[PDB]
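A deposited model with tigecycline.
Numbers restart at 1 for each chain; the letters A, B, ... are given by sequence-line order, proteins then strands. As the structure lists them, so they are numbered: ligands from 1, and atoms in each ligand from 1.
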Number of protein chains: 2
Amino acid sequence: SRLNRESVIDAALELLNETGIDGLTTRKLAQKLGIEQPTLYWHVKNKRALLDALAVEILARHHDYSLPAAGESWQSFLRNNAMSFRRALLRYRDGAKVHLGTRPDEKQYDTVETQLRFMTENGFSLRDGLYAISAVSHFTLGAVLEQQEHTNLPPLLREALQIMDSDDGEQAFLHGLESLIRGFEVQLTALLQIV
Amino acid sequence: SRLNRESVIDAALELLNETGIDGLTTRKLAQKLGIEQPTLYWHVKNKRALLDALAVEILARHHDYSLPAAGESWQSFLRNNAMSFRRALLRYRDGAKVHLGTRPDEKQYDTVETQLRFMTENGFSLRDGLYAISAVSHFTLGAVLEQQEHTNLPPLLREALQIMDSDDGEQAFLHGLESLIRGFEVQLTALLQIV
Ligand SMILES: C[NH+](C)c1cc(NC(=O)CNC(C)(C)C)c(O)c2c1C[C@H]1C[C@H]3[C@H]([NH+](C)C)C(O)=C(C(N)=O)C(=O)[C@@]3(O)C(O)=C1C2=O
Ligand SMILES: C[NH+](C)c1cc(NC(=O)CNC(C)(C)C)c(O)c2c1C[C@H]1C[C@H]3[C@H]([NH+](C)C)C(O)=C(C(N)=O)C(=O)[C@@]3(O)C(O)=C1C2=O
Ligand SMILES: [Cl-]
Ligand SMILES: [Cl-]
Ligand SMILES: [Cl-]
Ligand SMILES: [Cl-]
Ligand SMILES: [Cl-]
Ligand SMILES: [Cl-]
Ligand SMILES: [Mg+2]
Ligand SMILES: [Mg+2]
């Protein structure tokens, strides 16, 4: 079939949904594309470089709230951005494991910069804004990893596992997110007081 | 060498530090123990069951703040428990990836129950206490995963990557933790007011 960048990524995401990250190989990617392994090698050198590219394209295709709206609060932006990040990660099998370990790509340089300058325009230091941005990322990735990778009790534990089951963990994620944003807001409003 | 449970786990953690999770196999475990693969098979059926056991023993050996001290605040307990969880996860190469996906073991039933009852004794609903406990776990695992799995910039991004480098991410982790606990405390003190 066609082996432009877009078709190779399309095939690899479709294979990812079929096999998961551990089972995704260049050999099964060559099979799905109806080509020999050395043909594929011209286009994609190894599994490392494939996963790096998926990680970037899944966010390019499906993370539609990278940027704040005109006049949006920093609280509302972090909320929307976290929900968008979570959705994009959940959209493919093992999607969070695909994202894990990746550093911003040159193609998202300007996005991450904008996020950080935006927080600095709203009264954060670069440091405090970085802390807030990393805490949202680390909380969101952790939540989606346990959700995806989870794919004679004592009473509380029994009832709790029941509660976590009754939805995907969207409730626990959205509640924790509100707690993190409020804690950031309490820190920011304090200035130099003891808080 | 000796193949009691304790010696097999000792060998497997030492191999884990050598190879990482992806490179850890029952074949290299048999080699390190100076045995044949079918001998090992009697003791440990597969990689799945090995990793499940490591995940539990790393916390049994090295997570020493599973439980609150006599008279400890819920805020102080969650802080200490998060730092202890983080330390235990960092202690082995890919330790967070080993933990990821695991459900409490029967051997830790009574620990997780105690944590949840403790939060309920301090004014949380079972639900709100579960949310707080899962938010700490998801935030801690996310932070340690990016730390472990990370193993012509625009200005803010350049300076920020510099800041995250200057330590392991202990600063960003401890700051985010304070934000999460304060957000939980604001939620809890609100009762039925609009907050
Ligand atoms: C915070 N900046 C400086 C940054 C740093 C690193 N890497 C490190 O900290 C590396 N850590 C060492 C220094 C090696 C220990 C980072 O790894 C990241 C990021 C940025 C985030 C931005 C994330 C953001 N959302 C979820 C808060 C976002 O929406 C985007 C986006 N493309 O639209 C992201 O790319 C983001 O999800 C993301 O993945 C980030 C990083 O990975
Ligand atoms: C919250 N309880 C109900 C619970 C549930 C799950 N599993 C799920 O939620 C499964 N999710 C589905 C329902 C499949 C989508 C859980 O997976 C967990 C836990 C408990 C935590 C307890 C963690 C705790 N610290 C870090 C807050 C802790 O110190 C211990 C300990 N042994 O001392 C833990 O075991 C803990 O780190 C941990 O791993 C938990 C869970 O994994
Ligand atoms: Cl072509
Ligand atoms: Cl293309
Ligand atoms: Cl707003
Ligand atoms: Cl023996
Ligand atoms: Cl033993
Ligand atoms: Cl205390
Ligand atoms: Mg990332
Ligand atoms: Mg766990």
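Mapped onto the model, all copies of tigecycline cover ligands 1 and 2. Short version: main partner of tigecycline (ligand 1), named per UniProt, is Tetracycline repressor protein class D. The chains other than those of the drug that have a heavy atom under 4.0 Å from tigecycline (ligand 1) are A, B.
The binding site of tigecycline (ligand 1) (heavy atoms under 4.0 Å) is made of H63(A), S66(A), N81(A), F85(A), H99(A), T102(A), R103(A), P104(A), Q108(A), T111(A), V112(A), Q115(A), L130(A), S137(A), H150(B), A160(B), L161(B), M164(B), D165(B).
Counting the atoms of tigecycline (ligand 1) from 1 in the order shown, those under 4.0 Å from a heavy atom of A160(B) are 3 (C). Listed by number with element, the atoms of tigecycline (ligand 1) under 4.0 Å from a non-hydrogen atom of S137(A) are 23 (C), 25 (N), 26 (C), 27 (C).
There are UniProt Mg(2+)-binding residues of chain A with a non-hydrogen atom under 4.0 Å from tigecycline (ligand 1), namely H99(A).
The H150(B) neighbourhood of tigecycline (ligand 1) comprises atoms 10 (C), 14 (C), with distances under 4.0 Å to a heavy atom of that residue.
The atoms of tigecycline (ligand 1) that sit less than 4.0 Å from any heavy atom of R103(A) are 13 (C), 14 (C). For atom 42 (O) of tigecycline (ligand 1), the closest non-hydrogen atom on the protein side is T102(A) O, 3.9 Å. Heavy-atom contacts of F85(A) reach the following atoms of tigecycline (ligand 1): 26 (C), 37 (O) (cutoff under 4.0 Å).
Those other ligands and ions that come closer than 4.0 Å to tigecycline (ligand 1) are ligand 9 (magnesium ion).
Measured by non-hydrogen atoms, the distance from tigecycline (ligand 1) falls under 4.0 Å for these UniProt tetracycline-binding residues of chain A: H63(A), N81(A). The source species given by the entry for chain A is Escherichia coli.
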Report all N/O contacts between tigecycline (ligand 1) and the protein shorter than 3.5 Å as a table of atom names and distances to 0.1 Å; if there are none, say 'none'.
{"from": "tigecycline (ligand 1)", "atom 1": "25 (N)", "to": "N81(A)", "atom 2": "OD1", "distance (Å)": "2.7"}
{"from": "tigecycline (ligand 1)", "atom 1": "29 (O)", "to": "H63(A)", "atom 2": "NE2", "distance (Å)": "2.8"}
{"from": "tigecycline (ligand 1)", "atom 1": "29 (O)", "to": "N81(A)", "atom 2": "OD1", "distance (Å)": "3.4"}
{"from": "tigecycline (ligand 1)", "atom 1": "29 (O)", "to": "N81(A)", "atom 2": "ND2", "distance (Å)": "2.9"}
{"from": "tigecycline (ligand 1)", "atom 1": "29 (O)", "to": "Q115(A)", "atom 2": "NE2", "distance (Å)": "3.2"}
{"from": "tigecycline (ligand 1)", "atom 1": "33 (O)", "to": "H63(A)", "atom 2": "NE2", "distance (Å)": "3.2"}
{"from": "tigecycline (ligand 1)", "atom 1": "33 (O)", "to": "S66(A)", "atom 2": "OG", "distance (Å)": "2.5"}
{"from": "tigecycline (ligand 1)", "atom 1": "33 (O)", "to": "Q115(A)", "atom 2": "NE2", "distance (Å)": "3.4"}
{"from": "tigecycline (ligand 1)", "atom 1": "39 (O)", "to": "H99(A)", "atom 2": "NE2", "distance (Å)": "2.9"}

